[PDB]
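Here, rigosertib is shown bound to Tubulin beta-2B chain.
Each chain gets a letter, A, B and so on, in the order its sequence line appears, and its residues count up from 1. Numbering of ligands and ligand atoms starts at 1, following listing order. No hydrogens, no waters, no symmetry mates; every other heavy atom, side chains included, goes into these values. The structure shown is a partial extract from the entry, and contact counts are restricted to the extract.
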Amino acid sequence: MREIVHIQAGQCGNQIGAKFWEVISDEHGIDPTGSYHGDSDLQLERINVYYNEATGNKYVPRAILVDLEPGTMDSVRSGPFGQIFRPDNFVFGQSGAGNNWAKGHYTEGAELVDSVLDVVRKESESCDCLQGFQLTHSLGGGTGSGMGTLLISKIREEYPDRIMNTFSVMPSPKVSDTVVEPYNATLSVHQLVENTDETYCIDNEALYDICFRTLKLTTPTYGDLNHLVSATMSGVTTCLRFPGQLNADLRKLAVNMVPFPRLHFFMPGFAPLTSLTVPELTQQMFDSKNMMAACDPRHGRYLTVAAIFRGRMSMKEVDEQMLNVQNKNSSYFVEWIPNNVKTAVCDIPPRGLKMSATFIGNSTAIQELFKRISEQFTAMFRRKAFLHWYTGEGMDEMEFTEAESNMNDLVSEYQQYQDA
Amino acid sequence: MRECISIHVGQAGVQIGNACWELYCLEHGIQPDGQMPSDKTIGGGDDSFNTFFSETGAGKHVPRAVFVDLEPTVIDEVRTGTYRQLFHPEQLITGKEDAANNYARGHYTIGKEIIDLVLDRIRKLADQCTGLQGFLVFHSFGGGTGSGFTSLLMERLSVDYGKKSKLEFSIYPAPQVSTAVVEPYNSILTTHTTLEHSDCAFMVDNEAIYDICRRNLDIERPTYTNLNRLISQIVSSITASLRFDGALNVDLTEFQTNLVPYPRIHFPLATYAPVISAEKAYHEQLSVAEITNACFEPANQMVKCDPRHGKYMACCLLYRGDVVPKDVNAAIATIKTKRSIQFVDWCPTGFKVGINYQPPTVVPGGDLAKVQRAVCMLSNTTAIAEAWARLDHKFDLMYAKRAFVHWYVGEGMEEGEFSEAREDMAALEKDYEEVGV
Amino acid sequence: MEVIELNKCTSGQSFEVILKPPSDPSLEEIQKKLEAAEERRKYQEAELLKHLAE
Amino acid sequence: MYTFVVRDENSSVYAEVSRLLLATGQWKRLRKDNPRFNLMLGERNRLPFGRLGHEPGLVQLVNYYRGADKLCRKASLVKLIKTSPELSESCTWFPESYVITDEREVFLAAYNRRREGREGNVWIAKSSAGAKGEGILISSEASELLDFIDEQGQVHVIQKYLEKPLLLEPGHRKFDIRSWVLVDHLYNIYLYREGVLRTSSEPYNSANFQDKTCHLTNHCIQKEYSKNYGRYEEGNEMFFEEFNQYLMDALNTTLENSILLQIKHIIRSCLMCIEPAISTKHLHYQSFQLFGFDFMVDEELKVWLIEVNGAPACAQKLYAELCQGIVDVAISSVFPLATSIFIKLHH
Ligand SMILES: Nc1nc2c(ncn2[C@@H]2O[C@H](COP(=O)(O)OP(=O)(O)OP(=O)(O)O)[C@@H](O)[C@H]2O)c(=O)[nH]1
Ligand SMILES: COc1cc(OC)c(/C=C/S(=O)(=O)Cc2ccc(OC)c(NCC(=O)O)c2)c(OC)c1
Ligand SMILES: Nc1ncnc2c1ncn2[C@@H]1O[C@H](COP(=O)(O)OP(=O)(O)CP(=O)(O)O)[C@@H](O)[C@H]1O
Ligand SMILES: Nc1nc2c(ncn2[C@@H]2O[C@H](COP(=O)(O)OP(=O)(O)O)[C@@H](O)[C@H]2O)c(=O)[nH]1
Ligand SMILES: [Ca+2]
Ligand SMILES: [Mg+2]
Ligand SMILES: [Mg+2]
Ligand SMILES: [Mg+2]
């Protein structure tokens, strides 16, 4: 379990993926040109997890960039770390997906998916021990949601024994592009419920709320939201990328975080929120204000939790504070899964900050988010509003009713396990 | 002389084996390159230590061991460590992808692909034995390899060497020092699968070793190195009778004879004293009576439980260092007066005592202080059933909801194996209750 | 308090002390169960591929 | 703050204990099966001692001493007193008792001894199963007692019935004394200042032994089968102030001198005997426990131990003061926050 294959699809997918790659490239001492100028060998011990070692001792991200439009990928190529990516790993069309799930999944995306899979196959062949794939995308648009889910399905068909991990950005009316985002999201969630092992639910509502009422940003841009996202992705991948007592990999994570196959949607959390003592780190990261999914964990229960503390700190006080938070919040953890909280410490803090903490919770409170989507979905579907956009691509009403039913079922399963 | 073969499975088994073989080399005067200057018979011998070390024409003393892991990094550390030249490259066997803390992966999917290779390596070691007593198997309950692959290997060893004895050293899982949430499942699955194939099993609870390190060594957050050096001290106490000239427990069958009156009740409780920090500049060397009494303090046990509330079936005292029978007998009479030691009626109330004059050996630059005398007590007491109960309860909490079961079924197991293993454990607890009160 | 069977050598001594007196599956089955598990897993994988094909 | 779980739903004392703990504001009450607790108010049967003291970062305390049952079951107590050197068969404060390993054969011998002298040969058959004040027969003939023992399925003990008991007047009525004792985690032995006298409402009678109400002084039996209940004293229960006053007025002595010294001695002897078996001083969890000691007082102002209750009920009038005391001494001592009501029996 060494190499991970990274896939970013659509506008949101590629923007957050670009920021992820520049953040971790900085952490590993890799510059925009792909050459290593770091000071610690710890930056290179597991660098193969995300980078291929090319000729001349250059490191190239094991990343595939996908879109049905050339714009966002042009801007990526033009960006700071744009030259770092493998040129023929850019796979894109011209037509676009029109924020339409059917276009990304059934019509437009169908033409490009095999070329994408060819690049994925080439990246996987060079792998000594492939862990699986991580995909960055949004669920509200067309390319990320429709085509990313199509890609996930085809990849699972070709690699049924590898881990499928996604960073999935959920839509909210507070940061809405079009009224059809709930449709696109519901259709995507069904796919995600069946074909991923782990999904980090990045809620645009939560990111906006954090930017507005905590970072005091009056008018939050997409870049502001993305900064939070990249901090979260760095935190959540820290133990995959650096040597630690944990020796973490995607499969161990899945096995220890996912007690029931369908309930694999995690709420990330981060502290401190930016644009600090261990007790503060622990209290903040468990604070709802620090949640990236816009759900109140005090409205549900944690099935499992995984947390990393980064910096120079006493692991003893980290243990003490984690136990203290569990005891002071005993009601919000299920009692029938013993020892369901895992903690690690990494001596290398992220850039600019001396102490930080990242949190992954498999909470039943995530049901709130799905409820939110479902309602927004039904309010339009009950009137069949905007359906012609999708029926013109060949879809039937039955498929919508099926996606709706699957998501309401998911909500009811979360509710079932919330009542122990 | 009769050889013994050590088998170290999974991370816990491999690292504990590293500690153990370091300690053995120190105790027998074998250097990291395998040369043993005190050995005057070159390329062979009939000595007691030859039960654990074969010899090469070049005078190299080679452990009779195989290290197995489904992942390669941990055994890589042995290949490139202080004792790299101690082992033959074929002794260290690794795969590429581990069991992912999943008993089903270790036992069925991944293990099946490597069992024949491991058996071939083990046969390669066995063919060098004039007489082979059996195997010592080191593994954790909690890991996917340590549980699943160890159970598979134990079944195959029963098939291949039915006559031979199989002794276990098992790490019982603890939240203070844990790697997986599903460690209870694995623990039960392997126990049920291994129970009829193991003749005697020494359980070490990570919680007990952790607390002993914290308490007696003043180590705030013990590492696997600390835990493993203490465990190696206990294991060395248990195997010294196999490696040195003596009269008690001089062959693997004797462990079953002396410690195990019933086949399924084959989990003796180990207690060890004294554990003293190397850093303490002031130290008061403890007498025979003191360490013997410490043997009856729950805080010094390898598993936390209360022997006062169980019954003894056998009790064995293994001393090392400045100890003569006179003091042992006096201390035993004192303790018998001062303690609650009830044996089962169908067994005699007696202790079997062994004294090795060589004091305990410590790793230079370790946390354990050098002491003039030490003692490991091995008592087969029903109180250890507490551990089983604890473990079973955790299992029950998760299995009632089928939490995580899908990971095992997806590898080819059936829920029926879960319920069958849990029933076997309930029967085991029933047996312990019947023998005890 | 009776001491019995005292043995001495240069490495040490051993003895016993009485304070009071008293009052397998064949290889065929292994292969069969391993392959039954593998057949269950093969069936599950084929079910997944059937679903993906539809 | 602190957490505690309740597993003995129907016990007055610890119902009040949990009430007061919650009222302190610094204690949460979890579900019965939640393992992350500081305090367990456990069940009376099969309390899972094997599971306590294994939660990292949690100091765990339980209101029962594993092994104390040896003191609180009748036959077990008789065997403990007979086989324990600390308090031998010659110990003077426990009546001549035989378990029925069977002791019938050795009981018939003492019965024959009885027969030679005119001294009374009245005995009482007892069982641990008869908690509901029934399962006892008092007769001078041993064959009757043994026939009863055989008719009953449970295991029994025969005691020497105190034919000359200390009698209160007015009334000529028997009684027994209940003293409450708290053993904390350090094995301090605290005797509650207030004890109770369960008084036979209907006068004593040496002639007939089937007069069950005048021979058996239990609150339930007295309430159900005695014609007058609360005639002499309220609730058929006397408290140490008025009992001491009566001792002074009638016998010119004090409760402390004539009775309480022996009671303190018996409590100390019993609880020091079993200390090595049940102490938790070096255990991964701590125990405290409340006991109810029952005594008789004979005509010569001698005190006899009858039975030890490990799951004792209190007296309505005292529940408040004692329960609080428990918290202050047994619970809050291990879990702090924010003149005594006990007597320390030192040792
Ligand atoms: N005492 C001690 N316990 C260990 C050590 N290494 C792991 N453990 C314990 O073993 C259990 C985990 O099993 P591992 O041995 O790490 O797993 P494995 O056998 O390699 O199997 P995989 O799941 O495939 O990795 C946990 O309870 C750990 O606390 C060690 O070096 N010393
Ligand atoms: C915040 O970003 C994290 C990412 C992680 O992965 C990529 C892990 C974790 C990696 S891992 O490889 O250790 C697998 C794992 C996970 C959770 C567990 O508990 C719920 C356990 N079991 C431990 C127990 O018994 O409590 C094991 C993480 O958490 C230390 C944090
Ligand atoms: N040897 C004896 N001599 C005189 N009276 C005796 C006696 N043994 C028992 N009794 C009487 O028996 C009555 C009840 O006995 P005991 O208390 O042992 O039974 P019990 O345990 O069911 C009720 P509790 O446990 O609540 O006190 C007492 O009031 C006592 O007077
Ligand atoms: N957080 C975040 N969300 C975005 C970003 N870009 C688009 N989105 C969201 O993603 C959804 C739009 O999908 P988009 O990715 O633009 O469509 P695609 O290109 O067709 O996949 C809407 O919910 C947008 O709010 C971004 O940079 N950051
Ligand atoms: Ca030799
Ligand atoms: Mg867009
Ligand atoms: Mg491993
Ligand atoms: Mg009673």
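- Counting every copy, the structure places rigosertib at ligand 2.
- Other chains with any heavy atom closer than 4.0 Å to rigosertib: A, B.
- Heavy-atom contacts of rigosertib within 4.0 Å involve A:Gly235, A:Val236, A:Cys239, A:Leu240, A:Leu246, A:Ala248, A:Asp249, A:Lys252, A:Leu253, A:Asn256, A:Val305, A:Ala306, A:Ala307, A:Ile308, A:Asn339, A:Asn340, A:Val341, A:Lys342, A:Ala344, A:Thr358, A:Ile360, B:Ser178, B:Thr179, B:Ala180, B:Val181.
- Taking a cut-off of under 4.0 Å to the non-hydrogen atoms of A:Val341, the atoms of rigosertib that pass are 26 (O).
- For atom 21 (C) of rigosertib, the closest non-hydrogen atom of the protein is A:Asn256 CB, 3.2 Å.
- Per the PDB, molecule name for chain B: Tubulin alpha-1B chain.
- Close contacts between rigosertib and A:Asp249 involve ligand atoms 12 (O) [criterion: under 4.0 Å to a heavy atom].
- Nearest to atom 31 (C) of rigosertib among the protein's heavy atoms is A:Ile308 CG2, 3.3 Å.
- The source organism of chain A, per the PDB record, is Bos taurus.
- Closest protein heavy atom to atom 7 (C) of rigosertib: A:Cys239 SG, 3.4 Å.
- In the vicinity of A:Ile360, heavy-atom distances shorter than 4.0 Å reach the rigosertib atoms 1 (C), 2 (O), 3 (C), 4 (C).
- Considering only non-hydrogen protein atoms, atom 22 (N) of rigosertib sits nearest to B:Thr179 O, 3.2 Å.
- Close N/O approach between B:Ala180 and rigosertib is found [any backbone or side-chain N/O within under 3.5 Å].
- Heavy-atom proximity to A:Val305, at under 4.0 Å, picks out these atoms of rigosertib: 20 (C).
- The protein heavy-atom contact nearest to atom 11 (S) of rigosertib is A:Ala248 CB, 3.8 Å.
- The nearest heavy-atom contact from the protein to atom 9 (C) of rigosertib is A:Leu253 CD1, 4.0 Å.
- Atom numbering of rigosertib starts at 1 in the shown order; those under 4.0 Å from a heavy atom of A:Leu240 are 7 (C).
- Atom 18 (C) of rigosertib has its closest protein heavy atom at A:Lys342 CB, 3.3 Å.
- Nearest non-hydrogen protein atom to atom 30 (C) of rigosertib is A:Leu246 CD1, 3.2 Å.
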Report every pair formed by an N or O atom of rigosertib and a protein N or O atom separated by less than 3.5 Å, giving atom names and the distance to 0.1 Å.
from, atom 1, to, atom 2, distance (Å)
rigosertib, 22 (N), B:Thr179, O, 3.2
rigosertib, 25 (O), A:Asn339, ND2, 3.0
rigosertib, 25 (O), B:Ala180, O, 3.2
rigosertib, 25 (O), B:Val181, N, 3.3
rigosertib, 26 (O), A:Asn339, O, 2.9
rigosertib, 26 (O), A:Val341, O, 3.3

